[PDB]
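Notes follow once the structure below has been shown.
Protein chains get the first letters and strands the later ones, always in sequence-line order, with residue 1 at the start of each. Any value given below was found using the heavy atoms of this structure, including those in side chains, with hydrogens, waters and symmetry copies removed. Indexing begins at 1, ligand by ligand and atom by atom, following the structure's order.
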Amino acid sequence: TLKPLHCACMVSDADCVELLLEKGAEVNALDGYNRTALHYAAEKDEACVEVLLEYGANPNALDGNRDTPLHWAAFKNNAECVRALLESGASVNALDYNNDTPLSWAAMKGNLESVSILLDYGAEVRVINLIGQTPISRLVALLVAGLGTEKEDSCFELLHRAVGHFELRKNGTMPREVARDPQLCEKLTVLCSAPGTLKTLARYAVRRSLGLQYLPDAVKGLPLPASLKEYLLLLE
Amino acid sequence: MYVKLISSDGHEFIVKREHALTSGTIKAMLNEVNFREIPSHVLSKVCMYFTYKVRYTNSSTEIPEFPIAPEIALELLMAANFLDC
Amino acid sequence: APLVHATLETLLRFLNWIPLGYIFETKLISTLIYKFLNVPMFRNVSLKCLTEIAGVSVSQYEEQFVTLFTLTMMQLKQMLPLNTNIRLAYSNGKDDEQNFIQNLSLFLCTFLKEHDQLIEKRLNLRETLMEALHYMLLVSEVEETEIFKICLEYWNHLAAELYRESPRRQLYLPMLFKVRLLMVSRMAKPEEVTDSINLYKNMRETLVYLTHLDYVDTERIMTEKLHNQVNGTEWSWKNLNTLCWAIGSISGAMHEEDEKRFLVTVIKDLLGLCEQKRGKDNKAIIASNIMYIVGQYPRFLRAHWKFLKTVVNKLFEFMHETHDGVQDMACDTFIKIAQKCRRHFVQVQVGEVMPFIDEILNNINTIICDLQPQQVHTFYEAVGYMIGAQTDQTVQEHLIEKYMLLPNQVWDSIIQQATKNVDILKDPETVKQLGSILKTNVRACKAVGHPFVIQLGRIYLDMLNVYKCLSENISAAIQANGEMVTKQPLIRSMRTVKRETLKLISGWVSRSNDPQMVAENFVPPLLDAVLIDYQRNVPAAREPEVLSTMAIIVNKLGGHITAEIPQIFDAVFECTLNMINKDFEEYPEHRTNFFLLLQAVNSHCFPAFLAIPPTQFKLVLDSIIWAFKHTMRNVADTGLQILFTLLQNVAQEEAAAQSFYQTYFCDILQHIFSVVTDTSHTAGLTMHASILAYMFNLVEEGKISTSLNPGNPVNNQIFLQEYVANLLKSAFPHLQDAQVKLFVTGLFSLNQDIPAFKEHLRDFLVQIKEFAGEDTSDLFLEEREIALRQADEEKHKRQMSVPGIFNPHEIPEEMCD
Amino acid sequence: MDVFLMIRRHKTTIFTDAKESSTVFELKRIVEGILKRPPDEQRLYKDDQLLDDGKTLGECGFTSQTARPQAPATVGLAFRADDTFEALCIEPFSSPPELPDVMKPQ
Ligand SMILES: *[C@H](CC(=O)NNc1cnccn1)n1cnc(-c2cc(C(F)(F)F)cc(C(F)(F)F)c2)n1
């Protein structure tokens with residue numbers, strides 16, 4: 001099924017992958033499961049990811065379901081791997097067969113660090129997949145199940161600041177799972193019934209106009225004060 | 001009943017006091033207000049936002065998106081920071 | 001060559017008994033390997049021979065063992081390099097190669113299990129030791145059950161040894177990871193989703209020890225395997241099932257916070273996998289796996305209220321699934337959670353307005369609309385546990401009243417219909433419904449406990465009425481079409497209704513608390529409904545439960561029911577005795593319940609025997625004698641216990657003690673001595689010594705107060721001595737008179753010391769057996785089986801101290817809150 | 001149902017709203033209440049097209065879908081001076097500054 005470079009990536013040894021690549025190994029070779037060595041490297045460690053990228057590995061290689069290594073780095077919550085992939089030209093809004101972006105997978109599990117990096121690189125929060133789910137919807141589904149902690153709450157706050165305004169109510173009623181929780185239902189209805197402060201909407205427009213960049217570097221050149229520069233990066 | 005806001009370039013916008021009080025700065029500062037740094041093309045959008053916020057407060061239906069063009073987004077953000085909106 | 005093979009086989013057969021001098025001092029330990037083991041023809045047996053040597057376990061001869069290990073390992077390396085794939089070789093290999101692999105595994109396992117400490121204290125052989133371990137890993141890849149059992153034996157031994165010491169672990173550290181993988185990769189199927197049970201228990205114990213040795217490695221392995229399942233690689237139903245079994249079998253081994261992290265990650269991954277997969281089959285498999293996982297780890301559910309509520313709601317959702325097996329798994333998980341987290345459903349939780357029990361009770365009819373009757377019973381038992389967790393009496397009463405509302409209304413409708421027309425009780429649907437309702441009541445009573453008296457008292461009088469009617473229907477059928485009609489489905493449905501009535505009564509009474517109330521309110525109607533009906537029915541129609549029920553009451557009411565015992569006996573005793581004594585395989589349940597009732601009456605209501613007519617008391621004694629003269633172990637044991645207790649009790653009835661002695665002392669003594677000499681109940685020897693020692697003591701202290709000789713007065717001691725001597729002589733005429741006299745005198749002198757008495761009797765019987773060609777091993781059974789028991793106890797006491805080895809639902813040490 | 005308007009004249013702008021069924025006379029009454037001018041000396045324009053006072057606001061080009069709170073519909077205004085009506089004059093808002101290079105489309 002898999003090939004020696006894939007095994008080296010799985011075992012997470014940078015030396016083996018580096019020496020194998022040193023003899024012109026086919027870096028972008030598929031395998032039995034239609035993955036690439038970079039998929040395993042992203043799933044496992046950042047040293048392997050860096051070694052593979054140094055030797056021309058494609059950062060947007062697709063797999064059976066059209067999932068790039070960034071999808072799996074975000075799902076696994078390998079923040080260093082996510083940053084390494086994005087820094088080498090990976091698509092931050094790549095869509096798989098289900099129209100699932102890496103941010104959607106990160107928010108599904110409430111991965112704070114990966115979500116923060118993806119937003120820093122311009123990930124879109126106002127995105128919906130084929131079955132009508134959005135990153136905030138999936139995070140709320142995680143929260144209502146009682147499996148969330150302070151990290152998940154911080155992730156929700158980050159996504160709420162990044163989105164500007166969201167609406168979880170189909171027709172005029174919250175989903176069944178949310179509706180049965182009096183506290184979270186009340187909180188989310190209050191959030192969804194507020195139009196949204198002008199500052200948040202302006203920040204969303206500015207960020208969208210900056211799309212697909214290392215936003216903290218881009219905002220440095222803007223004529224805004226320091227406080228508004230910090231605001232534009234979701235730091236307040 | 002009505003307040004009058006003056007732009008930096010001389011444009012005057014007359015809005016209902018209830019709408020104008022949506023801005024914390026306006027409420028603290030106030031039958032007329034003057035701004036020396038907000039251009040007319042931004043103050044008009046600010047008044048539009050006052051109306052939009054008052055209309056859709058505590059709405060049961062989906063709130064439509066507020067249109068902000070990229071050209072004025074930066075100045076609009078600065079103005080919103082100056083005000084409390 | 002055939003002669004050599006036969007000689008080697010004979011040596012192997014006799015190797016165990018040969019003195020160790022001829023084994024470890026000669027040149028055999030090298031001849032076998034340098035002369036035969038290289039030759040395939042004598043390979044297998046030769047290797048087997050070595051295994052036997054490795055099993056000697058002698059304190060000395062360390063150098064011999066070390067040399068054997070080294071030379072054998074080098075030989076095996078020569079004839080089977082470590083680079084080979086043992087799995088494929090066994091699969092496609094001939095019989096000879098498979099046998100060689102099995103013998104290699106056996107030898108390695110036995111020798112390591114015996115002298116691992118001996119081998120591993122040599123710094124020069126360290127590498128070879130690891131080599132040996134490599135083989136044990138390689139052979140562990142074989143799919144056959146016997147080879148894997150052999151390997152698992154050694155793996156379990158090694159894990160237990162390493163855990164016990166806390167070092168030596170550093171010696172095995174660089175390879176234990178492999179074992180962990182194996183345990184997770186080959187996990188056996190738990191008996192929650194014989195040889196299989198033992199395999200699962202051994203695998204669970206080994207994995208629990210290994211995780212105790214390293215929590216981080218186990219967590220990493222399980223999470224990596226789960227992710228591999230998620231990312232498509234190595235995805236399969238069997239892989240997912242084995243991984244989830246491995247995850248579940250670890251419950252209790254980790255600390256609470258590490259368990260929290262691990263379970264959160266696992267649950268998130270499983271939910272993501274469920275979302276990813278499409279199709280009813282895959283989703284059902286994943287749901288069953290998640291149900292099994294959450295069924296364990298009650299601690300996590302206890303610590304997380306919102307997740308527990310979500311899980312319960314999801315179980316209610318699954319209860320409507322029509323897919324095969326989903327409803328049963330949902331009900332099983334629900335009852336597990338209710339048992340282990342009962343107090344969290346009755347008390348108001350953070351963020352709640354009312355306890356969850358109220359919500360469950362309000363929607364009970366909608367939840368169980370699609371369940372089968374047994375699943376409904378399980379659901380009702382689960383809810384009953386939570387209701388019983390309610391400490392407040394009034395709130396509990398209201399909860400119980402709401403709890404039985406639907407069964408109560410169906411029961412009331414049926415009862416009203418029967419009152420309108422009794423023939424409705426002959427309708428098969430009505431009888432089936434009554435049986436189901438009574439089964440639900442039985443389960444609810446089991447779950448709740450004593451407070452269920454609120455429900456029982458509601459239906460009691462009606463229930464005993466229905467009972468009577470059904471009895472009247474059965475007796476007619478038997479009277480019309482004979483006993484064969486008892487095979488009819490309707491007749492057995494009616495008998496099921498009667499059995500459930502009796503089971504409900506017994507279940508509540510066994511958990512009762514107020515004997516006076518039970519005696520005043522419940523006993524009289526029950527006796528009136530049950531006794532004559534049992535008496536007049538044919539043996540094929542009599543319900544054994546009746547007897548059992550009586551026993552239960554006699555155990556709880558004691559003196560409060562001593563006045564009713566005479567009529568209980570008048571109605572049941574002679575009938576059941578005639579039923580049982582006739583044959584030893586006809587009615588096992590009737591015999592068991594009969595002796596249970598007799599024991600209860602003797603222990604708690606002895607004075608009743610005095611009021612019982614003398615002929616019936618003689619029947620009681622005859623039943624006891626027939627019991628302790630039986631062949632089966634349990635019957636003889638219970639008969640002996642009843643006889644001993646009866647003797648002790650009658651010793652306290654001064655008015656009747658003398659009459660009882662004068663009437664039955666010689667008969668009981670003769671029967672006891674006959675059974676002792678026959679040696680048909682060696683397992684009961686101790687009990688015999690307990691009884692005889694007592695009986696003799698009675699005449700030793702002059703408590704008989706009368707001459708046992710019927711003709712003329714004479715000292716009781718001398719008469720008893722001569723009588724027992726004559727009994728022994730008749731049993732064993734060949735014995736000399738002086739020998740018998742001295743033996744009986746010594747036996748009589750030792751009546752004050754039960755151990756000495758039993759040892760004297762055992763020595764006499766052993767001498768008697770040795771006089772003939774008989775074997776004395778059986779006489780000592782009473783000892784060996786005790787020792788075995790002790791071992792088990794130690795084993796149990798050893799496993800309680802290791803968290804996670806025992807299932808969370810197996811330990812009766814339920815925590816608080 | 002409700003239509004939101006931005007009445008404009010020179011540099012003056014009035015944000016208001018009215019029912020679709022309301023007539024232009026009520027809008028002129030509101031303009032009086034704001035700027036204190038008799039309706040007889042006011043005239044409203046929708047895209048340089050004079051509006052007859054009798055017409056109901058709905059039947060004109062104004063509709064709820066077209067004119068929303070976040071996008072009001074402009075309505076030019078003209079007063080009467082020295083027994084004559086001034087030409088419709090609307091001062092455009094200040095032009096926004098050039099978009100910075102960073103914010104431009106890639
Ligand atoms: C399929 C996945 C699904 O139905 N919902 N996915 C969720 C739910 N909540 C949060 C995030 N994603 N699927 C299959 N089985 C389950 C499931 C089973 C159980 C069990 F305990 F009853 F087995 C519980 C739950 C849980 F977590 F309580 F929602 C889900 N989900």
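This structure shows the drug at ligand 1 to be selinexor (bound form). The chain that selinexor (bound form) touches most here appears in the PDB entry under the name Exportin-1. Other chains near selinexor (bound form) (heavy atoms under 4.0 Å), by letter: A, C. Taking every heavy atom under 4.0 Å from selinexor (bound form), one finds A:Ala141, C:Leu271, C:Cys274, C:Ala287, C:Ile290, C:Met291, C:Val294, C:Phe307, C:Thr310, C:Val311, C:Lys314, C:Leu315, C:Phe318. There is no protein heavy atom closer than 4.0 angstrom to atom 5 (N) of selinexor (bound form). Given atom 29 (F) of selinexor (bound form), the protein heavy atom at minimum distance is C:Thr310 CG2, 3.8 Å.
In terms of protein heavy-atom proximity, atom 10 (C) of selinexor (bound form) is closest to A:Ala141 O, 3.7 Å. According to the deposition, the covalent link from selinexor (bound form) ends at C:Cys274 SG. For atom 13 (N) of selinexor (bound form), the closest heavy atom belonging to the protein is C:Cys274 SG, 2.5 Å. Residue, atom and distance of the protein heavy atom nearest to atom 21 (F) of selinexor (bound form) are C:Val294 CG2, 3.5 Å.
By its own naming, the entry calls chain A Ankyrin repeat and SOCS box protein 8.
Every atom of selinexor (bound form) with a heavy atom of C:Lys314 under 4.0 Å away is listed here by number and element: 4 (O), 16 (C), 17 (C), 18 (C), 19 (C), 22 (F), 24 (C), 25 (C), 30 (C).
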